[PDB]
Amino acid sequence: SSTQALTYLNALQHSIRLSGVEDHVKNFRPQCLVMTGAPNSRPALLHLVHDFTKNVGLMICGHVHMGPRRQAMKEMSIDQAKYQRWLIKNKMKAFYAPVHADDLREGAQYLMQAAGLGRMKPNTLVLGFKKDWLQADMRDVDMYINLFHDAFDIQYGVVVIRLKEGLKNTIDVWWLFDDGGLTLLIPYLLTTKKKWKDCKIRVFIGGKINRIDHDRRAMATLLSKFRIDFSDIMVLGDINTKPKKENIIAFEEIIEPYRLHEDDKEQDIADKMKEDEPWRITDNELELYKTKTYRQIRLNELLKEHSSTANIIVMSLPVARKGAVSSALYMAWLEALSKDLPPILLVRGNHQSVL
Amino acid sequence: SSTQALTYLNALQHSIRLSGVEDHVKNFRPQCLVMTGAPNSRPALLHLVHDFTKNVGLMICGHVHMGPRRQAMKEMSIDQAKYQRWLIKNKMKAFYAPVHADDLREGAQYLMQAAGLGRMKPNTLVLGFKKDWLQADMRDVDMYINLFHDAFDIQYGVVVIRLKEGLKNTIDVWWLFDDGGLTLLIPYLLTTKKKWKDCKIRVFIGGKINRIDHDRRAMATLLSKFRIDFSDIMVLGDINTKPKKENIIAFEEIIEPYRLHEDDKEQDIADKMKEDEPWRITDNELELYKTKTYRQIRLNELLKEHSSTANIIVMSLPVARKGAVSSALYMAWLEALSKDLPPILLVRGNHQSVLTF
Ligand SMILES: NS(=O)(=O)c1cc(C(=O)O)c(NCc2ccco2)cc1Cl
Ligand SMILES: NS(=O)(=O)c1cc(C(=O)O)c(NCc2ccco2)cc1Cl
């Protein structure tokens, strides 16, 4: 009170010192940019992202305020004061970062390219899964997926937390493809927080039916390199199998409102809808990506079968080339992958290795 | 040591400590981002902006990088490492913050909107004068003035400085407009440094013929509030008078290439070329703003005669409504106000630094 200048000067001096360093490859140091609507909303997501980003990296709770430009400054100021007070009340090492933008994409770009000083710049983007995508306008879903792809453009690592907001054995990990160390680094950082200390990492991977021993040995060596006391590596070959009849029926029902039946409908009408409504899922997309959808459905049913009784499932996030797949189908894949499981955490880190 | 995590986490906890303090509104401090593309170019500008930001605020030497997205990140990181090494080589406490944008205005918007974290966020926009704007495409000058107007829109202070790139004692302060005190805060911070100890702040005012004592005591008490310790407080009544004809014709010659003499030329051609080049200066603009231009020229004359020798000249910055003046006319005003002087530092601030430092 009246002598905060000392704190400010100390912070500035330490930040300059930190910027003094020159080597970044050695330490990945996960810095998270959490894109939640407001810190008060989605408290569970905030706690879970804070768990693995606390004393091991900062977290910037971003907020893209959008509205009339005239009174934007006063609204943003009152919001910053209120949300910072709330966010310190529920002790969190998180910085509230509000910006003004005409839409979520622009504000996300502001936060993703400008937030932070020197070395304290976010390098992963954390999004809560858009649970209301079915009832939401599909333009906003397109914007959500385009935000994923913008993150992948700036060499960010995308984390998607799907968590049941209506609210002690193991922490399953479903490492499938390389990414980096991030997918395996999130469980390591989770385990050392004294809240998940009594939780045991039960890694999973896919492999050939004639190579369980060799794959297990190699993955155990990698885990020892990551030194996360892996309990066991349940190498599976069940991937790439027709899931079931009921599961495929459920997925078809999910995507039915957005499917485009070009063959059933007249070609001119199909083109008209595509031009005036480009997020419609064409049948060509389904035919091309039928194996990928089978992979998603099979992975979901495997998660239910093996990892039902797990606290935090960590899985690798499916991705597709920008524009190669309709946004509606992409969110359908994300819905199917994480359907009725415990708090699940889809991760795709950047190519550069964490350590 | 070869480890940095100790510094990183300590800096974190300090930043969280800072953000936790309920500073209310009584924590104004000059936090400026120096929008200059190449920190190697214009070292004098960085040194000057560093003099009054050494230990009272941060300096985010922003930089917008233009090019293809593919290899944008690689060269951006290369430049970041290079320029941070350069800044550390010199004794500058500046964070080199680069962003990628299609145009300078968009990257500047990124920086001004989202740069910084917590309460160590930028507060003013230091802008090196766009010297050689005569030879530069006028789209560039349009963006340059739009930067001023964006900064004013987002409640930022704007300071533009016209250092000579080639690089008794007194610091002149022309407190002409009440902008919240930043014009007076910059000189105070300058003086309280090893270089400007022999400061001798000399303060000038603009007032009509009246009792000099009134304004004299007014600025005496104002500077006592600001702890300026003036060497002299002067009031000038020559402002807002017709300047010499030579300067007027010189100014008219400066804007001659960009002027739209629509009254002299045929109306259809004038309208067509106005539509082709919306930055052209119409004659109606000059007629409306003849008094403003005369003030801008008389002020340059006045500070040339009164303040020919002075290490720093800190003046209130001219402002115009968004779009009322063509960018060429605004830039011509700024160029005529600081035509041939020592380091001149035109300042304007959001009306919030009310004895708050
Ligand atoms: N998780 S989400 O896609 O549904 C989401 C949702 C929101 C959201 O709109 O709450 C958001 N912030 C934008 C905003 C505008 C006004 C207040 O916050 C960000 C995200 Cl990622
Ligand atoms: N001080 S300035 O207006 O002349 C200026 C100057 C520059 C600059 O060009 O150095 C700049 N950014 C870098 C850049 C890249 C391409 C065009 O500009 C930004 C600004 Cl504000």
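So you know, we letter chains A, B, ... as the sequences are listed, proteins then strands, and number each from 1. Just follow the structure's listing: the first ligand is 1, and inside any ligand the first atom is 1. Per the header: electron microscopy, 3.3 Å.
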- Task: List the macromolecule sharing the largest contact count with ligand 2, named according to the PDB entry.
- Result: Solute carrier family 12 member 2
- Item | Match ligand 2 to one of chlorthalidone, furosemide, nevirapine, xanomeline | furosemide
- Message: Just wondering, which other chains does a 4.0 Å heavy-atom cut-off pick up around furosemide (ligand 2)?
- Response: B
- Task: List the source species for chain B given in this PDB entry.
- Result: Homo sapiens
- What residues, by chain and number, sit within 4.0 Å of furosemide (ligand 2) when only non-hydrogen atoms are counted? B:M35, B:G37, B:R42, B:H63, B:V64, B:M66, B:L104, B:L127, B:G128, B:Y144, B:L147
